[PDB]
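The next PDB entry has bezafibrate among its components.
In what follows, chains carry the letters A, B, and so on, assigned in the order in which the sequence lines appear, proteins first and then strands, with residues in each chain numbered from 1. Per the header of the entry, the method used was X-ray crystallography, 2.4 Å. Ligands are counted one by one from 1 in listed order, and the atoms in each one are counted from 1 as well.
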Amino acid sequence: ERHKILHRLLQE
Amino acid sequence: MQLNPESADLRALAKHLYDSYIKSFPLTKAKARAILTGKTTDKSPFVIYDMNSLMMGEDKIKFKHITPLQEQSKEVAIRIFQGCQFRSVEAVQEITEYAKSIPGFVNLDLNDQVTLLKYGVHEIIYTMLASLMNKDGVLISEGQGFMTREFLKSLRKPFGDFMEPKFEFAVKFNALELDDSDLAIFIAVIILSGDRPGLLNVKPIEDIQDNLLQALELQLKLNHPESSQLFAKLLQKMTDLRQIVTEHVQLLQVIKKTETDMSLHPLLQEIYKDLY
Ligand SMILES: CC(C)(Oc1ccc(CCNC(=O)c2ccc(Cl)cc2)cc1)C(=O)O
């Protein structure tokens with residue numbers, strides 16, 4: 001949420 | 001110290017992290033030292049040591065991040081800053097990919113994974129930057145170039161103050177004489193620090209860092225016979241890393257506050273957000 005890009009990176 | 005199925009697993013863990021470490025980052029320490037001492041069939045990095053050489057370099061080095069079609073501040077300090085941003089953004093991805101290969105990490109709470117990455121990333125970056133440094137300068141553009149320490153110090157304020165603390169840190173850290181096998185485990189220990197702000201499910205993290213810490217100590221006892229205290233000396237370095245990050249954040253705020261809104265990449269903003 002506050003780390004949308006980092007979330008994406010970890011979710012792929 | 002013993003040869004039991006525990007230690008055999010420790011060593012298997014060390015090989016796995018190493019194998020993954022090799023394929024996750026471009027320029028290993030082994031290659032960097034080779035480049036740094038001429039011992040390589042690779043051409044030889046273009047040296048940037050003054051403004052004239054910087055300009056000649058932007059032409060004769062094929063930077064992964066530019067094209068003849070974009071602009072491209074007129075001011076060399078800002079341009080250098082921008083290349084750093086791009087390199088950091090790439091490194092965040094290599095570190096993520098590496099983090100995912102740490103046994104267990106990928107089963108943590110996804111929210112905690114984010115947190116470990118957010119705090120670990122720059123500590124790992126400065127750890128690994130030392131591999132590229134000697135006291136005279138730093139390999140750049142995947143070893144295609146070498147930018148001198150004094151040339152970096154001569155960029156206008158504040159930019160001339162970013163690399164210096166990293167060089168100082170590198171000189172001391174490189175004296176530890178760690179190799180890539182050591183480093184692969186160390187940076188894993190960093191990622192799995194259970195004392196980062198905002199973790200929700202700390203126990204599973206500490207359990208993994210624990211194995212990591214054993215794999216590290218075994219590794220340093222096997223790999224450095226002539227180094228009685230390497231394990232503790234190395235743990236202490238995690239401390240200087242946190243202060244390097246802190247210092248770097250405070251300088252980052254002289255920029256922004258006083259630059260030109262030559263903004264930070266959003267991934268980088270994300271990381272610095274509510275850091276310390
Ligand atoms: C880019 C920025 C704003 O500030 C910085 C300025 C300079 C450097 C050092 C330049 N070197 C690198 O970024 C770098 C990163 C990863 C690896 Cl494997 C090698 C080299 C690092 C960070 C940052 O904090 O991300």
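- Per the PDB entry, the macromolecule making the most contacts with bezafibrate here is Isoform 1 of Peroxisome proliferator-activated receptor gamma.
- Those other chains that come under 4.0 Å from bezafibrate, heavy atoms only, are B.
- Nearest protein heavy-atom contact of atom 13 (O) of bezafibrate is B:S88 OG, 3.5 Å.
- Scanning the protein for heavy atoms near atom 3 (C) of bezafibrate, the closest one is B:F81 CZ, 3.5 Å.
- Considering both main-chain and side-chain atoms, B:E94 never comes within under 3.5 Å of bezafibrate through any nitrogen or oxygen pair.
- With a heavy-atom cut-off of 4.0 Å, bezafibrate reaches these UniProt rosiglitazone-binding residues of chain B: B:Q85, B:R87, B:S88, B:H122, B:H248, B:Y272.
- Closest protein heavy atom to atom 17 (C) of bezafibrate: B:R87 NE, 3.6 Å.
- The UniProt domain of chain B that supplies most contacts to bezafibrate is NR LBD.
- The shortest contact between atom 20 (C) of bezafibrate and any protein heavy atom is with B:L129 CD1, 3.6 Å.
- Using a 4.0 Å heavy-atom cut-off, the binding site of bezafibrate is formed by B:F81, B:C84, B:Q85, B:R87, B:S88, B:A91, B:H122, B:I125, B:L129, B:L132, B:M163, B:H248, B:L252, B:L268, B:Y272.
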